[PDB]
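Structure, as structure tokens:
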Amino acid sequence: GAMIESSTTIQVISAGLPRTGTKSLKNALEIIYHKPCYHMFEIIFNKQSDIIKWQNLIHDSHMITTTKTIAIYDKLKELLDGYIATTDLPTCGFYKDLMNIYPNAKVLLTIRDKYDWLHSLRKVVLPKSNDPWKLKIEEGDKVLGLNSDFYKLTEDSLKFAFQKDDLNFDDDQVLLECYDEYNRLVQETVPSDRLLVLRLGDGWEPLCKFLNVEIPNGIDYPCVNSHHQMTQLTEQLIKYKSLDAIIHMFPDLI
Ligand SMILES: Nc1ncnc2c1ncn2[C@@H]1O[C@H](COP(=O)(O)O)[C@@H](OP(=O)(O)O)[C@H]1O
Ligand SMILES: CC(C)NC[C@@H]1CCc2cc(CO)c([N+](=O)[O-])cc2N1
Ligand code: NA
């Protein structure tokens, strides 16, 4: 196809929850658009200074209906300046607001089997409080410079996505119910013409068709960020005590 000059603004809003192929999708969108896509990894590896800003936004987000709405929307736009898409926490819970701010953006929902999702979440993002692996995650997190404010953001952005005032994070049934309800609500809320639902394994074709772009030539659809790979990353951070000592060992993930 012909090369055209794409606008550096949010063109794709992905409402999918963590552990549903968001990092692969981030990578895929960057391959298509040649500009950055937001993701939790953007915060962890590039913009830890954003943590307090997302926290403040979530804090004020109950006021979203107006005057207050504009201030909140201004802060969201600021956070996303220079990006062409959003994926993952903390952004995904803001999908409705993002649709208002970026009326010409299309919306994606990444989904998968709910028990596979939960298993993956428990290994990487939200281990049970009595799981010994939680201590290893915390040790690796310290190597990356992530502290309690990072955990607060993770929890608060999950609660915001699930529209809960509090949440028993150690309760699998609660998390599964929230997952199902969240995915159902996205599909009820977003007009179908504006939504593409992507199941893990769908690859380039439906995505590129939805976005009116050619499938990237000779490039396989990304497959990164398995829980196994994250377990290796955690162990290597603990072993070497820095990111820069091992970053070359994780080329597409980081
Ligand atoms: N192209 C692909 N095909 C199949 N699974 C993929 C995939 N890309 C990512 N995944 C899976 O999506 C999950 C990561 O999602 P996210 O980036 O949102 O955290 C991982 O699940 P597992 O942990 O079950 O391996 C990963 O293996
Ligand atoms: C050792 C270190 C790599 N641990 C950091 C972990 C794993 C990456 C990660 C990813 C997400 C969402 O992609 C979230 N999240 O949903 O808040 C939290 C975390 N925290
Ligand atoms: Na990258």
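The first residue in the sequence is number 1, and the count goes up from there. These values consider heavy atoms only, across backbone and side chains, with no hydrogens, waters or symmetry-generated copies. First listed ligand is number 1; within each ligand, the first listed atom is number 1.
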Ligand 2 drug = oxamniquine
In this entry, what is the main binding partner of oxamniquine, named as in the PDB entry?
-> Sulfotransferase
For atom 4 (N) of oxamniquine, what is the nearest protein heavy atom, given as residue, atom name and distance?
-> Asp141 OD1, 2.6 Å
Provide the residue and atom to which the entry gives oxamniquine a covalent bond, if any.
-> none
Side chain, backbone, both or neither: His39 near oxamniquine, heavy atoms under 4.0 Å = side chain
Which segment of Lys23 sits under 4.0 Å of oxamniquine when only heavy atoms are counted | neither
Numbered atoms and elements of oxamniquine in range of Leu89, under 4.0 angstrom, heavy atoms | 16 (O)
Per the PDB, what organism is listed as the origin of chain A?
-> Schistosoma mansoni
State the atoms of oxamniquine, each with its element, that fall below the 4.0 Å cut-off from a heavy-atom position in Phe150.
-> 18 (C), 19 (C), 20 (N)
Check each atom of oxamniquine against the heavy atoms of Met40 and keep those under 4.0 Å away; list them by number with element.
-> 11 (C), 12 (C), 13 (O), 14 (C), 15 (N), 17 (O)
Side chain, backbone, both or neither: which part of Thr22 comes within less than 4.0 Å of oxamniquine when only heavy atoms are counted?
-> neither
Have a look at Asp88, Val124, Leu144, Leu253 and point out the one with the heavy atom closest to atom 6 (C) of oxamniquine.
-> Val124
Per-atom contacts, oxamniquine versus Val125 - under 4.0 Å to a heavy atom = 11 (C), 14 (C), 15 (N), 16 (O)
Minimum-distance protein heavy atom relative to atom 17 (O) of oxamniquine | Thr154 OG1, 2.7 Å
Atoms in oxamniquine with a heavy atom of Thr234 nearer than 4.0 Å | 1 (C)
Site of oxamniquine: non-hydrogen cut-off 4.0 Å = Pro18, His39, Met40, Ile44, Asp88, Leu89, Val124, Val125, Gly140, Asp141, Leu144, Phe150, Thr154, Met230, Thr234
